[PDB]
Amino acid sequence: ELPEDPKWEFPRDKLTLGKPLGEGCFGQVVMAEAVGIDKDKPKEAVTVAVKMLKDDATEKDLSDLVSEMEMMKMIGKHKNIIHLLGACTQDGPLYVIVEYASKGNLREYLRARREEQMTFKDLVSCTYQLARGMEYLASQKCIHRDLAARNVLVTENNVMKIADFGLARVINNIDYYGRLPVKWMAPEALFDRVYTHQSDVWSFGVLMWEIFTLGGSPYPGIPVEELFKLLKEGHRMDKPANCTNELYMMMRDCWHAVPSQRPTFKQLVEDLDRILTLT
Ligand SMILES: */C=C\C(=O)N1CC[C@H](n2nc(C#Cc3cc(OC)cc(OC)c3)c3c(N)ncnc32)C1
């Protein structure tokens, strides 16, 4: 039973479901046409993406879907986060309607350009955009907890959009006290079972590595089983080849063992701004 939310509710007869978009990254998402969802163009049929439950969905899946939609209402609108457009919550299956990103997730996008070839400027721009996204998320008192290139969507205009809020939480001003991907987790998350914005900053470092390796798998050659021990010993990833010394030092800063010694997203945005405008 779902309470009605009139300002977000979209009519079912104005939604036409189409091609499935894949299953392993954001749950079951389907391409769709939504008539008059864009109020700037009230006549226009708009291409959208729709998240829904699969026939084999669990109670947790239903719970998570509702929760994720509510999260999207709380965080609000920002250029570098995926936009909620509407929802069908009454008299039928739960459909959550989000912005359509024609170029897929960042990991596949970058791997595919290992056919518009990535310049150095592009990789920095990509990095800036995501930092801006995270600066906003953190400013809304939201921790993401699953920041990876697989969870980033790319629009037609190559706009980076942070997505997948399945593990995202709204916290207070104090630390949030194993469903997180290990190779992306901060030590304090892995060992101490706490999460702050500075844990997201760690993850951002791993994302940075992903971007500059054009969609590489982190800690290459190293199984997840063995990463527990190596983190305790203070292992850090080597420098990517497409990466300047400057940008790798930013990477390494994000991978400081002491969370409060890592930069904030605000600082990351300022530094990347500088780097971007010079090159
Ligand atoms: C790992 C590959 C994979 O599964 N995909 C590649 C790109 C495909 N795709 N997913 C989305 C999405 C989404 C989405 C839905 C939400 O509903 C609550 C919430 C999100 O973050 C909060 C993200 C997608 C979109 N939106 N456009 C184009 N392709 C898309 C799946």
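For reference, positions follow the sequence shown, starting with 1. In listed order, ligands and their atoms are each counted from 1.
PDB records name the drug found at ligand 1 as TAS-120 (bound form). Going by contact count, the macromolecule most engaged with TAS-120 (bound form, ligand 1) is what the PDB entry calls Fibroblast growth factor receptor 2. Residue contact check for TAS-120 (bound form, ligand 1): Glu68 places a non-hydrogen atom closer than 4.0 Å to it.
If you number the atoms of TAS-120 (bound form, ligand 1) from 1 as listed, the ones under 4.0 Å from a heavy atom of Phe165 come out as 22 (C).
Only side-chain heavy atoms of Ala49 come within less than 4.0 Å of TAS-120 (bound form, ligand 1); its backbone N, CA, C and O stay farther off. For TAS-120 (bound form, ligand 1), the polar-atom distance check against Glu99 finds a nitrogen or oxygen pair separated by under 3.5 Å. Per UniProt, the domain of chain A home to most contacts with TAS-120 (bound form, ligand 1) is Protein kinase. Under 4.0 Å from TAS-120 (bound form, ligand 1), the heavy atoms of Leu153 that appear belong solely to its side chain. With a 4.0 Å heavy-atom cut-off, TAS-120 (bound form, ligand 1) is reached by no atom of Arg107. With a cut-off of 4.0 Å on heavy-atom distance, the UniProt-listed ATP-binding residues of chain A close to TAS-120 (bound form, ligand 1) are: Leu21, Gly22, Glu23, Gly24, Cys25, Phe26, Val29, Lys51, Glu99, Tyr100, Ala101, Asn105. The entry gives the source of chain A as Homo sapiens. Polar contact check, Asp164 against TAS-120 (bound form, ligand 1): a nitrogen or oxygen pair lies under 3.5 Å apart. Of all atoms in TAS-120 (bound form, ligand 1), listed by their number and element, those nearer than 4.0 Å to a heavy atom of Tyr100 are 27 (N), 28 (C). Geometrically, TAS-120 (bound form, ligand 1) and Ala101 share a nitrogen or oxygen pair separated by less than 3.5 Å. If you check which protein heavy atom lies closest to atom 2 (C) of TAS-120 (bound form, ligand 1), you get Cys25 SG, 3.3 Å. Atoms of TAS-120 (bound form, ligand 1) found under 4.0 Å from any heavy atom of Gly24 (numbered from 1 in listed order, with element): 4 (O). Closest to atom 5 (N) of TAS-120 (bound form, ligand 1) among all protein heavy atoms lies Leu21 O, 3.8 Å.
In the deposited model, the covalent adduct of TAS-120 (bound form, ligand 1) forms at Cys25 SG. The shell of residues lying under 4.0 angstrom from TAS-120 (bound form, ligand 1), judged by heavy atoms, excludes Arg150. The nearest UniProt-listed active-site residue of chain A with respect to TAS-120 (bound form, ligand 1), heavy-atom distance given to 1 Å, is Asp146, 10 Å. With the cut-off at 4.0 Å and only heavy atoms counted, the binding site of TAS-120 (bound form, ligand 1) comes to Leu21, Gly22, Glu23, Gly24, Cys25, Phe26, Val29, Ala49, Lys51, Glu68, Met72, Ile82, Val96, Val98, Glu99, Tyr100, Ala101, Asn105, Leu153, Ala163, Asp164, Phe165.
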